[PDB]
Amino acid sequence: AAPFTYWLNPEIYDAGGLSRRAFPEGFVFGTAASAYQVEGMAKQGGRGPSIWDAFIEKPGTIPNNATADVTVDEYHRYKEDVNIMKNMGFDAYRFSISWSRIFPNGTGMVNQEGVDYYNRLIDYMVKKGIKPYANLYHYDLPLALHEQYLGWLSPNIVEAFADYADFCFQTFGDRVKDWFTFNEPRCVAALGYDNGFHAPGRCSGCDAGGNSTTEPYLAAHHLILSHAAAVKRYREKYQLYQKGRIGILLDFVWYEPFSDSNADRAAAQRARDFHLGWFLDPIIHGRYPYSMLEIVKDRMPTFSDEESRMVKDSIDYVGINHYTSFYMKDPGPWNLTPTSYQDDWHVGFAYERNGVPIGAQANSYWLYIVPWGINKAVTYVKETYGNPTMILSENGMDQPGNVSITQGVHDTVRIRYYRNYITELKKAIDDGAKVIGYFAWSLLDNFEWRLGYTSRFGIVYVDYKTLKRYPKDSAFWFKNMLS
Ligand SMILES: OC[C@H]1CNC[C@@H](O)[C@@H]1O
């Protein structure tokens, strides 16, 4: 790389008063990734196709028609990556298991080569002293199950998932003591079934078909039941003997009332219900949020008393993926003709107040830099859900894909992001929030779904021509902060 790559950024040594002592005893610091975004070997090693494999095939889906067939190729360079995490001082790694790498068809025949890969990765993490946190699902439904019965839209998916989870618990549970069923089921449901932005690409307008008024809610209901069923397998068959824990990863945008008026306040609350409460109300209270039931009515499925009891308290902790915040306005009189899940919120967004932007924007269209939002978000969870045990399970920001190694590694905006968000998180914790861990998204620049390689979330720069890794200033900022 050009000589400027190796300039020593003094920001690295500015920890803003953060250290392991500033956090609770045994607090875990990690990084997070997912199978599809980092593994490569998409069509190799016995892996069956997922809905993203099919979705990507349609031209124009991913910028420059890029694929995740190789991506950053962690399938082969997992040792190097784990070595980087260790060298940077991280305690843990949240990865995901590809359902279709284990069961090419989703059910039945186990792909042993796939199992051997996860076994290698986990064994090496353990050997290096990195704690494995395993997520079972991160957007990668086996295509076969979508072909058979439309995947998440069928109640058949529930036991298919439980069986898959069950297998993972018995295969990997002797060393994996921390499990998650789903990463961001809200996004699976909304992006997958409301606006068709993610695989399977369904919505009211969409080429693949769909109905934005009903399918997101059906998907979500089955994801909640699938989660509950997986957790039941774990609790009844494995947990007492393996002595691990299980939870779920929920994305949570902070919604701030645009003003102190009752309408704006109620607008902010309604967005929280539709975004987070959709999933966390069932899990903590056994029921869907009140606003949702009243607005969506018959377009939302109902739990039986038996399902409600299975879902309630079906976590040992909750992962909160948090990045950003928006202002929320009452939008005025509601039009009540069913349009979409997003429209069902009946809120207006705002990104500035008194000519002042809520924060600077990162590369991603949705990502505003608002450190105080993490404090509000976590405090909200503490106060609303009975102070649950929490993991701050994703946090980070992106640069554009079109930067060189030389400029890409000097990501001082990212140092600032982490310093400020972690600082705001520390305050929430200091004020009583039972946060037990924090995970940065992500170790490496990787395949960023619809944005492909036009977005760089890593604290480590990856040259996509050579797949060489170059730690950014933010990686060294962590190494210094954590030592
Ligand atoms: O886009 C940022 C990240 C949000 N959470 C899930 C990840 O797949 C994603 O890269």
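Along the sequence shown, the residues carry numbers beginning at 1. All values below were derived from every heavy atom in this structure, side-chain atoms included, with hydrogens, water molecules and symmetry-related copies excluded. Whatever order the structure lists them in is the order used to number ligands and atoms, beginning at 1. This entry, so its header tells us, was determined using X-ray crystallography, 2.3 Å.
- Counting heavy-atom pairs under 4.5 Å, the chain with the most contacts to ligand 1 is listed in the PDB entry as Beta-mannosidase/beta-glucosidase.
- The molecule at ligand 1 is the drug afegostat.
- Of the protein's non-hydrogen atoms, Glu184 OE1, 3.1 Å is the one closest to atom 6 (C) of afegostat.
- Residue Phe447 does not touch afegostat, judged by heavy-atom distances below 4.0 Å.
- The protein heavy atom nearest to atom 4 (C) of afegostat is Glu394 OE1, 3.3 Å.
- By the criterion of a heavy-atom distance under 4.0 Å, neither the backbone nor the side chain of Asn446 is placed next to afegostat.
- Here the protein heavy atom with the shortest distance to atom 1 (O) of afegostat is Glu448 OE2, 2.4 Å.
- Using a 4.0 angstrom heavy-atom cutoff, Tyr36 does not count as in contact with afegostat.
- Polar contact check, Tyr139 against afegostat: no nitrogen or oxygen pair lies under 3.5 Å apart.
- For afegostat, the atoms sitting less than 4.0 Å from at least one non-hydrogen atom of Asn183 are 6 (C), numbered in the order shown with element in parentheses.
- The protein heavy atom nearest to atom 3 (C) of afegostat is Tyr323 OH, 3.5 Å.
- In terms of N/O distances under 3.5 Å, afegostat is approached by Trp449.
- For afegostat and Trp366, the ligand atoms under 4.0 Å from any heavy atom of the residue are 1 (O), 2 (C).
- At 4.0 Å, heavy atom to atom, the residues around afegostat are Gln37, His138, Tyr139, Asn183, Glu184, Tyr323, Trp366, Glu394, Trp441, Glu448, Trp449, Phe457.
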